[PDB]
There are 2 protein chains.
Amino acid sequence: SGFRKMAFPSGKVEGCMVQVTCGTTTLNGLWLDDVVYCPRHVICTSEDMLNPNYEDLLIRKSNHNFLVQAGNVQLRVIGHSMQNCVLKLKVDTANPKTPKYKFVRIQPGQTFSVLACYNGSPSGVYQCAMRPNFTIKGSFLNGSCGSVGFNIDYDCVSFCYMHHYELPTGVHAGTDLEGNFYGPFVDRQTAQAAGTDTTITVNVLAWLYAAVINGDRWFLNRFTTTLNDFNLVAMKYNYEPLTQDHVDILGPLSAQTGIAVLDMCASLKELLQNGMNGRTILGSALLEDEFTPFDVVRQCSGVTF
Amino acid sequence: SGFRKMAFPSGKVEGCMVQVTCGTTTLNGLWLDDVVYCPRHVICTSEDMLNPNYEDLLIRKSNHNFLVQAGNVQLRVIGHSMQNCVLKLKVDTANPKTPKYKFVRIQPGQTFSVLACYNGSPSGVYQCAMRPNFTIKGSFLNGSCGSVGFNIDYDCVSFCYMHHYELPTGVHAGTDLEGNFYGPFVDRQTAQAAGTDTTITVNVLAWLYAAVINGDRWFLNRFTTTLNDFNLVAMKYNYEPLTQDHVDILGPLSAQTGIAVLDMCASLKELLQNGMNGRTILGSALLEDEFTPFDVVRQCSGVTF
Ligand SMILES: *C(=N)[C@H](C[C@@H]1CCNC1=O)NC(=O)[C@@H]1[C@@H]2[C@H](CN1C(=O)[C@@H](NC(=O)C(F)(F)F)C(C)(C)C)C2(C)C
Ligand SMILES: *C(=N)[C@H](C[C@@H]1CCNC1=O)NC(=O)[C@@H]1[C@@H]2[C@H](CN1C(=O)[C@@H](NC(=O)C(F)(F)F)C(C)(C)C)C2(C)C
C-alpha cells in the first residue's frame with residue numbers, strides 16, 4: 001500500500017553529468033559517448049542574455065574556451081556545434097559510464113524524473129509532468145541549467161528534457177536533447193507568457209484508480225455517464241477533453257479494479273461539481289494530475305529496472 | 001524557484017542492492033563490504049509468519065540455504081548471524097561499489113530517501129518522514145522488504161531505515177540497520193497499533209519558510225506571539241510543542257527571509273484557528289510537515305553531493 005510521488009533511480013544518469021564553463025558562466029552538461037550536450041546560453045555574459053545573437057557569440061569561441069569537467073578530471077573539447085538551443089561539444093573521450101539511451105520528445109501530460117544538478121554534481125531527484133502549456137513545475141536555482149529529465153525502460157534511459165528557463169510565474173521551460181524548446185519559449189532574459197494551463201484529465205482518473213486500489217473509495221458513486229456528458233462538464237472546469245484513446249489507455253486500471261472508465265468519470269464529475277467537503281484522497285485535499293496511468297501501474301504493481 | 005518533494009540521488013545506494021532468497025521467499029538485501037543485511041523474516045514460510053520463533057527457524061538453516069544474488073552474479077555465503085530483526089550474511093566478496101557509509105538511528109520528524117526495490121533491483125525513489133509514532137507513509141508491495149532509507153552528506157551515505165512491515169492502516173514500519181524497530185512493532189503477521197500521530201510543528205514552520213522564499217506570502221501577518229502562547233494553541237490541534245532547540249534550528253531560514261520565528265508562529269496560529277479557506281500554499285491545500293529545516297535549506301539554496 002501507499003502511493004507517493006516516486007522518481008526513477010538516478011544512478012545511470014548521475015554518471016553522465018558534467019560541468020561546463022565558458023568564460024565566467026558555469027552550468028551542467030550531459031556526457032554521452034564522446035559528446036557533451038549543454039544549453040547554448042553557457043556562452044553568454046550577463047549583458048548578452050537580455051537579447052543574444054547566439055551565432056555571433058559562438059563565432060567568437062574556439063574549443064579551448066570550453067572547460068568541461070567530470071569530477072576532478074578535465075575533458076579536452078575537440079569540436080563544437082550549435083543544434084537549435086543546445087551546444088554539442090565533441091570530446092576526446094567516450095564516457096565509460098554511458099548507459100543505453102535515446103532522445104525522445106515527450107507529449108504534454110507525460111511525466112519524467114528530473115535530476116537537478118549544480119556544477120555538474122547531482123543535488124536531488126523529483127517527478128514532473130509536462131503541463132498542457134509545455135511548462136513544468138520544477139525546483140531549479142542558478143546553475144541548474146543542463147539538468148535533464150528522463151524515463152527508464154528496463155536498462156534504457158530516454159532523455160526527454162533539458163532545463164533552460166524559469167518564467168516570471170516561477171514555473172519552468174526547457175528543450176528536448178536536440179535543443180528544440182517545448183512550448184513557445186526562447187532562450188532570452190525577457191518575460192514570456194505560457195498558455196492558460198489545463199488539468200490533465202486522464203491523469204486525474206489514473207490517480208482516482210490509485211486511490212481505489214489503496215482503499216480510498218468514498219468518492220465512488222453508483223451513477224454513470226457518457227463520454228460526451230463528461231466532456232461537457234470537463235470543458236467547464238478547465239479539464240482536457242477525454243478521448244477514446246484515453247479510455248483505452250486507462251484499460252489496465254479499469255481491469256485491475258473492475259470499475260469501468262465511464263463509471264469513474266461519473267465519480268470525477270460529482271467531485272468537480274461538489275468539491276471534496278474537506279475530505280482527502282491519498283492524503284491530498286485536491287485532485288492530482290501529475291500521475292500517468294503507467295505511473296500508477298508501475299507503482300501499484302512494482303515495475304523494476 | 002519551485003519547491004518539490006525531492007529525494008537524494010540514489011546511485012550510491014543502487015550499487016549496494018542485492019536479492020536474498022531463502023527457500024521460496026525472496027526479498028532485498030544491502031551489500032556493504034563483505035556483509036549483506038536483510039530482514040530476518042526471509043527465513044519464514046507463510047505459516048511461520050503468523051507467530052515465528054526466529055531463533056528456532058534460523059537454527060534449521062545453513063549458509064547454502066541463503067541465495068544471494070547481485071545482478072546475474074551469485075555471492076557465496078560463508079556465515080550468518082541474527083542481530084535483533086536483521087540477518088547479517090557474511091559473503092566471500094566485498095562489494096566493490098561500497099560507498100562511504102554509516103548506520104544511524106533517526107529521530108521522529110526527520111526525513112530520508114527510500115529506494116524501493118524488488119528482487120534486488122531498484123524500482124523508484126521518494127522522500128519520507130519518520131512520524132512521531134514511528135511509522136512512515138511509504139509505497140511498498142510484496143518483495144519490498146530489504147529496501148532501505150538513507151541520507152547523504154557529500155559522499156557519505158547514512159543508512160537509517162530498512163523496510164519490514166505494513167500496518168493495517170496501510171502505513172509502514174521497519175528497523176535501523178542494527179535491526180531494532182522504530183516504534184512498538186514486531187515482525188509477525190498480526191494487527192499492530194501505532195500511537196496517535198502528531199503533526200511535526202518545526203517542519204510546518206520550515207515549509208512556511210519555503211513558501212515565503214517562493215513568493216507565497218498571503219498567510220503572513222504583522223502580528224507576533226510568544227512561544228508559550230503558540231504552544232497552547234498547538235496542543236489543541238495535536239501539534240508537537242515547539243522548543244527553543246526548534247527555534248534555533250529554524251535560525252538559518254529566519255535569517256534568509258528576515259522573518260522572525262515567532263512572527264511565523266503567529267501566521268501558523270491564524271492558519272490553524274481559521275483554516276486555509278480553500279486557498280493553497282506551494283500547491284498544497286493543507287499544511288505539510290514532512291520537510292525539515294535542512295530539507296528546505298538544501299533545496300532553496302542547492303546543496304550538491
Ligand atoms: C539556468 N541555469 C537558469 C535557470 C533559472 C535560474 C533561476 N531559476 C531557474 O530555473 N537559466 C536562466 O537563468 C535563464 C537564462 C537567462 C535568463 N534565464 C532565466 O531563467 C530568467 N528568466 C527570465 O528572464 C524571466 F523571468 F523573465 F522569465 C531568470 C530571471 C534568471 C529566472 C537565459 C539565457 C534565458
Ligand atoms: C516485505 N517484503 C513485506 C512488506 C509489505 C507487503 C505489503 N506491503 C508491505 O509493505 N512485509 C510483510 O509482508 C510483513 C512480513 C509478514 C507480514 N507482513 C506484513 O506487513 C503484513 N501486515 C500485517 O500482518 C498487518 F497488517 F496486520 F500489520 C501484511 C498483511 C502482509 C501486509 C511479516 C513477517 C511481518
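Throughout, a chain's letter reflects where its sequence line sits, starting with A, and its residues are numbered from 1. One-based numbering, in listed order, for ligands and for the atoms of each. This entry, so its header tells us, was determined using X-ray crystallography, 2.4 Å. The figures that follow rest on heavy atoms only: side chains count, while hydrogens, waters and symmetry mates do not.
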*Under the nomenclature of UniProt, which macromolecule has the greatest contact count with ligand 1?*
3C-like proteinase nsp5
_ligand 1: drug_ = nirmatrelvir (bound form)
*In this structure, which other chains have a heavy atom at a distance under 4.0 Å from nirmatrelvir (bound form, ligand 1)?*
A
_Covalent linkage of nirmatrelvir (bound form, ligand 1): residue, atom_ = A/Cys145 SG
*Please confirm whether A/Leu27 comes under 4.0 Å of nirmatrelvir (bound form, ligand 1), counting heavy atoms of the residue only.*
no
*Write down the UniProt domain of chain A that holds the majority of residues in contact with nirmatrelvir (bound form, ligand 1).*
Peptidase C30
*Select one of side chain, backbone, both or neither to describe which atoms of A/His172 lie under 4.0 Å from any atom of nirmatrelvir (bound form, ligand 1), heavy atoms only.*
side chain
*Among UniProt active-site residues of chain A, which is nearest to nirmatrelvir (bound form, ligand 1), and at what closest non-hydrogen distance, rounded to 1 Å?*
A/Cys145, 2 Å
*Using distance alone, determine whether A/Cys145 and nirmatrelvir (bound form, ligand 1) share an N or O pair under 3.5 Å.*
yes
*Can a protein heavy atom be found under 4.0 Å away from atom 31 (C) of nirmatrelvir (bound form, ligand 1)?*
no
*State whether the shortest distance between N or O atoms of A/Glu166 and N or O atoms of nirmatrelvir (bound form, ligand 1) falls below 3.5 angstrom.*
yes
*Which one holds for A/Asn142 and nirmatrelvir (bound form, ligand 1): side chain close, backbone close, both close, or neither close, with close meaning a heavy atom under 4.0 Å?*
both
*asked:* Can you confirm, on distance only, whether nirmatrelvir (bound form, ligand 1) has an N/O atom lying under 3.5 Å from any N/O atom belonging to A/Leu167?
replied: no
_Residues lining nirmatrelvir (bound form, ligand 1), heavy atoms within 4.0 Å_ = A/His41, A/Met49, A/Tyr54, A/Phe140, A/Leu141, A/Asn142, A/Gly143, A/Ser144, A/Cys145, A/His163, A/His164, A/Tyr165, A/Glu166, A/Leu167, A/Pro168, A/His172, A/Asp187, A/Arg188, A/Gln189, A/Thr190, A/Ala191
